[PDB]
Undergrad: 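Take a look at this one; I'll ask things after.
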There are 2 protein chains.
Amino acid sequence: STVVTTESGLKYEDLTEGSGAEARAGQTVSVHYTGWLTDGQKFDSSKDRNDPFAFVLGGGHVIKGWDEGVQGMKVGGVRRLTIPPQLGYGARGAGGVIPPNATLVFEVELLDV
Amino acid sequence: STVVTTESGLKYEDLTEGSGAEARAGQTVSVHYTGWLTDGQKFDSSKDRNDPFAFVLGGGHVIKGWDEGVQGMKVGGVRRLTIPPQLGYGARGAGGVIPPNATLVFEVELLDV
Ligand SMILES: C=CC[C@@H]1/C=C(\C)C[C@H](C)C[C@H](OC)[C@H]2O[C@@](O)(C(=O)C(=O)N3CCCC[C@H]3C(=O)O[C@H](/C(C)=C/[C@@H]3CC[C@@H](O)[C@H](OC)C3)[C@H](C)[C@@H](O)CC1=O)[C@H](C)C[C@@H]2OC
Ligand SMILES: C=CC[C@@H]1/C=C(\C)C[C@H](C)C[C@H](OC)[C@H]2O[C@@](O)(C(=O)C(=O)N3CCCC[C@H]3C(=O)O[C@H](/C(C)=C/[C@@H]3CC[C@@H](O)[C@H](OC)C3)[C@H](C)[C@@H](O)CC1=O)[C@H](C)C[C@@H]2OC
Ligand SMILES: [Ca+2]
Ligand SMILES: [Ca+2]
């Protein structure tokens, strides 16, 4: 599998290519995800709550790295995102979970579009 | 299981009670469904398309019987809705699938909220 670095600085890698429908901006998508800090510390997983996460792709209600990075996935796909801080939580971080200026790694599994 | 007839004329019956979170107006819910006419002719199923159906419960983008009927389901539950035409497609029906003045029967499986 290849790694793609976009103009924004996002990096992504398809760990498994999906066989289903393609995710496009505008669609309401459902995913499972896991998030880690660059030291390997897991900070969150939707699988731990057994609760798929739904959002409007390109809707501006998730961090920029997600809105950009989930586009192009196919249902059944697992994509790994490496999100630099300007496309995540930037200088502020996310109180008690994500430090200031953090690069974030997510694995995203696309369940439906 | 019991059958409930609401003030609107909607009838619903919980074929299986869900064990997960309750569906409330406002939530974006994901379901599988099958739809039939009162003579048992199947007109649609999301299972046949392998494509779960997401919608905003109470958002007015589904027939009135759905917006009302899916409220109160729990994740994992299967609810049968009997929808009179005034809470469905009324006198117009829906070209080449649902005739005028059709009572509709749906089975709805709540996948996520
Ligand atoms: C009303 C609020 C509750 C509402 C909560 C949910 C829908 C449940 C949902 C599963 C979130 C998780 O709850 C278990 C939990 O997910 C994290 O652990 C996480 O993995 C993460 O990073 N995710 C979630 C998955 C999408 C990407 C990213 C995100 O974009 O999250 C978004 C986020 C926090 C954006 C901030 C918003 C503030 C800005 O200042 C900042 O701008 C830089 C960016 C989330 C989706 C918000 O849009 C909406 C919410 O917050 C956060 C570390 C903290 C967060 O809990 C709050
Ligand atoms: C932009 C258009 C595409 C867009 C299509 C999708 C998102 C895909 C989605 C799975 C629909 C199915 O696509 C395969 C297919 O589902 C049926 O087979 C069906 O089982 C059905 O009855 N459903 C769908 C499940 C929710 C309840 C109900 C519905 O409320 O459907 C709504 C409906 C048709 C409402 C009419 C709208 C016009 C009014 O005049 C009338 O007012 C009384 C009510 C649907 C969700 C619309 O909001 C949005 C759309 O149409 C219809 C028999 C025909 C319909 O395809 C068209
Ligand atoms: Ca959910
Ligand atoms: Ca879908």
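Each chain is given a letter, A onward, matching its sequence line's place in the list. For chain A, we keep the numbers from the PDB entry: what you see runs 1-113, in order. To match the PDB entry, the residue numbers of chain B are left as they are there, and the shown ones run 1-113. Counting starts at 1 for both ligands and their atoms, following the listed order. Heavy-atom basis, side chains included; hydrogens, waters and symmetry copies ignored.
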Undergrad: Which chain is the chief contact partner of ligand 2 here, under the naming of the PDB entry?
TA: Peptidyl-prolyl cis-trans isomerase
Undergrad: Drug name at ligand 2?
TA: tacrolimus
Undergrad: I'm curious which other chains sit close to tacrolimus (ligand 2), say any heavy atom under 4.0 Å. Can you tell me?
TA: B
Undergrad: Quick one: what's in the binding site of tacrolimus (ligand 2) at 4.0 Å, using heavy-atom distances?
TA: B:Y33, B:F43, B:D44, B:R49, B:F53, B:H61, B:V62, B:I63, B:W66, B:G88, B:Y89, B:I98, B:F106
Undergrad: Look only at interatomic distance and state if B:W66 has a nitrogen or oxygen under 3.5 Å from any nitrogen or oxygen of tacrolimus (ligand 2).
TA: no
Undergrad: Look up the source organism of chain B in the entry and report it.
TA: Burkholderia pseudomallei
Undergrad: May I ask you to list the atoms of tacrolimus (ligand 2) that are less than 4.0 angstrom from any heavy atom of B:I98?
TA: 53 (C)
Undergrad: List tacrolimus (ligand 2) atoms under 4.0 Å from B:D44, heavy atoms only on the residue side.
TA: 12 (C), 15 (C), 16 (O), 17 (C), 18 (O), 19 (C), 20 (O)
Undergrad: Please say whether B:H61 places an N or O atom under 3.5 Å from an N or O atom belonging to tacrolimus (ligand 2).
TA: yes
Undergrad: Could you say whether the N/O atoms of B:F43 and tacrolimus (ligand 2) ever approach to under 3.5 Å?
TA: no
Undergrad: Out of all atoms in tacrolimus (ligand 2), which are within 4.0 Å of some heavy atom of B:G88? Include the element for each.
TA: 43 (C)
